[PDB]
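To start, the structure under review is shown below, and the notes come after it.
Chains: A, B, ... assigned top-down by sequence line. Residue numbering for chain A follows the PDB entry; the residues present correspond to positions 41-259, in that order. Residue numbering for chain B follows the PDB entry, covering 41-259 in order. Residue numbering for chain C follows the PDB entry; the residues present correspond to positions 41-259, in that order. Side chains are part of it too, since the values below use all heavy atoms of this structure and drop only hydrogens, waters and symmetry mates. We count ligands from 1, going down the list as the structure has it; atoms in each ligand are counted the same way.
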Amino acid sequence: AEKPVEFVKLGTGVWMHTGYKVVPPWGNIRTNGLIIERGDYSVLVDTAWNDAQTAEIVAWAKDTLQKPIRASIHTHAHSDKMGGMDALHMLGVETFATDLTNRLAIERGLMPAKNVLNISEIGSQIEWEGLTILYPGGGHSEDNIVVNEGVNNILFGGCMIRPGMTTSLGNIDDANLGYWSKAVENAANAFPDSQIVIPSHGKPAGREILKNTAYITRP
Amino acid sequence: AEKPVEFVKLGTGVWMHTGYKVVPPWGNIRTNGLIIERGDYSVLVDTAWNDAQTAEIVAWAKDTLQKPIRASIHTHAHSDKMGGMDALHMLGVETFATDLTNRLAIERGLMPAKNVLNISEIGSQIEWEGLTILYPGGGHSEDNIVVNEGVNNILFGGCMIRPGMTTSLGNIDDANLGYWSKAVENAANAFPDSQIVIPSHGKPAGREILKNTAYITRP
Amino acid sequence: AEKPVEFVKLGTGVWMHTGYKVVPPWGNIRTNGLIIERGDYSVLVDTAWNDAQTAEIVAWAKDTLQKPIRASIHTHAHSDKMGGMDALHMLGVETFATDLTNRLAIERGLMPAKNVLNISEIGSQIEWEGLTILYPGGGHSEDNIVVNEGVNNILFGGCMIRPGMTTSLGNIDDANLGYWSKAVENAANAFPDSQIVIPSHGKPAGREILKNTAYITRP
Ligand SMILES: C[C@H](CS)C(=O)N1CCC[C@H]1C(=O)O
Ligand SMILES: C[C@H](CS)C(=O)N1CCC[C@H]1C(=O)O
Ligand SMILES: C[C@H](CS)C(=O)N1CCC[C@H]1C(=O)O
Ligand SMILES: [Cl-]
Ligand SMILES: [Cl-]
Ligand SMILES: [Cl-]
Ligand SMILES: [Cl-]
Ligand SMILES: [Cl-]
Ligand SMILES: [Cl-]
Ligand SMILES: [Cl-]
Ligand SMILES: [Cl-]
Ligand SMILES: [Cl-]
Ligand SMILES: [Cl-]
Ligand code: NA
Ligand code: NA
Ligand code: NA
Ligand code: NA
Ligand code: NA
Ligand code: NA
Ligand SMILES: [Zn+2]
Ligand SMILES: [Zn+2]
Ligand SMILES: [Zn+2]
Ligand SMILES: [Zn+2]
Ligand SMILES: [Zn+2]
Ligand SMILES: [Zn+2]
């Protein structure tokens, strides 16, 4: 049985959303994203697994925060991050991703974002709705980006950061195994003040999961 | 003189919209689409002939149903189904069509939908806002799709289904004359429980207009 | 120091917005666009220089006119006219430009409009939200369009019309120097009743700045 959606506060105006999917043979697996408050609206980092979970997140921001989701960013073209795009579009959310993420999404039967983030070179950063978005180079995926929230100093690593003290790498079918550890180092060096690090597939932690991920994926 | 727009109830939460256009030499000709209620919003099947008629439909859902139109689907790339796209986009409606419909629309000076429905193979179906959307193969047009509403068992055949007991085929300049009768059979077999069948260019009827259309367009 | 945004009434339901940018070595330079009231909403001609200025314009229409901006048109692919596209998209404004303007925008790192205006041949006109949009041919830029408001007879010339009695042409790096004066003549002949003419980079004036622009850019 699929576990229900969860919301947890990470800092002032910053919330984690978590949805679950049963993936045989191992069963329920979480994916995490963020809701970030922006005055009288909010912005979203990643969908959950599907439209229904994602619609529940939009409703929660509207009805609990009283700060409806205006716009969203997507941290790579897999179904845990873009599985609920149709729900975002029907609910009036303005969606953003890199051109490479959009192209990969279309190829895979995912829906692309409506707007392009112009960050394609390794190390490129842009400011978006008070967040710093960084392309650290290919790692978990060639298109993975990370998102830093500088008020609370929360770094969203998404699926590029592995959970806990695992030594498993997750699904690596389209990973950049050669560059992933450098990409982690690039993110860690870009955002040195962030002591809260969020992976997609585990619990919120500290910078030890940057160090551990870089070690377990290093050549 | 162009006859005005009309709304008629077909079943619980399902409404037909009808707009008219004077087309010489024969004069006024109707086109039909649907409004389908979805909780506290509604969804739209097809525009009417133009922006003004389509804006009237959007206003009617907002002000009479108190269920504003959130999203729409378009059943092929002709001006009776996509003539009012600009009005939908300006009124905040999130529009959906197949990739082939969008490509044909652009070619013809029509505006494409914002989102792609991923149904391109003959017989492919998807669920969309509680509706079943089917691509039955080429018939009236290569891109024609049909839409089934399973609560009331209403099958929207659009222009692929001819009205009444006519033997005329309408404009066949880009019809698939070889496959059209099979496409009708495919729709009839896919939705056997639907005893209400809606053509674009005639009155609501029963399954006899599926049988008649398949006969008059058969090789 | 960058001067703040300004709003001035030009006629019934027609407002000019003006934003400033410090461009060394000459300093602050204005750019002008329009807000045009449309019943219980408004439409926008051009962004200002950036997202922040453009968001201020959207808020002004919402809170002062009580006629929120529903849609916008963009008169060529430079940053004074499309520098605030991301703000328009996040604020729910439905954006329009020609296909050529969108293609040039993407090339230049600007964000394209969501919808295409189908005017690509010299002299083509379309009606859009009660306005007449004309492509007069290449002048300041190959893609420049002009916008006429026929109730007050206000012609928005954008950057194709130079300010005042200047003899400077502005930045001409991608101008059509051969056709620009004819393009001005084309606009003047298309909208003979407009005695208010708005350039992007100077004060509102009369038809003397059409005549002066045509003279100073003539072969
Ligand atoms: C569909 C996701 C995209 S990152 C995936 O590949 N999974 C599912 C959860 C983690 C990882 C895995 O295979 O271990
Ligand atoms: C413009 C429409 C698109 S199905 C059309 O071709 N018409 C107009 C109404 C019916 C049919 C015909 O020519 O008979
Ligand atoms: C960025 C704008 C686009 S029309 C520009 O080229 N400018 C800046 C203001 C006028 C003109 C100039 O160089 O003089
Ligand atoms: Cl779902
Ligand atoms: Cl995936
Ligand atoms: Cl963990
Ligand atoms: Cl119209
Ligand atoms: Cl047509
Ligand atoms: Cl869009
Ligand atoms: Cl009939
Ligand atoms: Cl800005
Ligand atoms: Cl520019
Ligand atoms: Cl001046
Ligand atoms: Na989805
Ligand atoms: Na900080
Ligand atoms: Na239209
Ligand atoms: Na049923
Ligand atoms: Na901008
Ligand atoms: Na007039
Ligand atoms: Zn992934
Ligand atoms: Zn993942
Ligand atoms: Zn048709
Ligand atoms: Zn038709
Ligand atoms: Zn310019
Ligand atoms: Zn300019």
Check your understanding: Which drug or drug candidate is found at ligand 3?
Key -> L-captopril
Practice item. Identify the main binding partner of L-captopril (ligand 3) here and report its name as listed in the PDB entry. Key: Beta-lactamase
**Study point:** Other-chain heavy-atom contacts under 4.0 Å with L-captopril (ligand 3)
**Key:** C
Point to revise | atom 7 (N) of L-captopril (ligand 3): nearest protein contact (heavy atom, Å) | key: C:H241 NE2, 4.5 Å
Check your understanding: Is C:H180 touching L-captopril (ligand 3) with its side chain, its backbone, both, or neither, if touching means heavy atoms under 4.0 Å apart?
Key -> side chain
Review point. Given C:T115, C:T71, C:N211, which has its nearest heavy atom closest to atom 13 (O) of L-captopril (ligand 3)?
Key: C:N211
Review point. Within the displayed structure, which other ligands or ions place at least one atom under 4.0 Å away from L-captopril (ligand 3)?
Key: ligand 24 (zinc ion), ligand 25 (zinc ion)
Check your understanding: What is the listed source organism of chain C in the PDB?
Key -> Hirschia baltica (strain ATCC 49814 / DSM 5838 / IFAM 1418)
Review point. Is the shortest distance from a heavy atom of C:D120 to L-captopril (ligand 3) less than 4.0 Å?
Key: yes
Review point. What is the residue-level binding site of L-captopril (ligand 3) with heavy atoms closer than 4.0 Å?
Key: C:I69, C:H116, C:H118, C:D120, C:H180, C:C199, C:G210, C:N211, C:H241
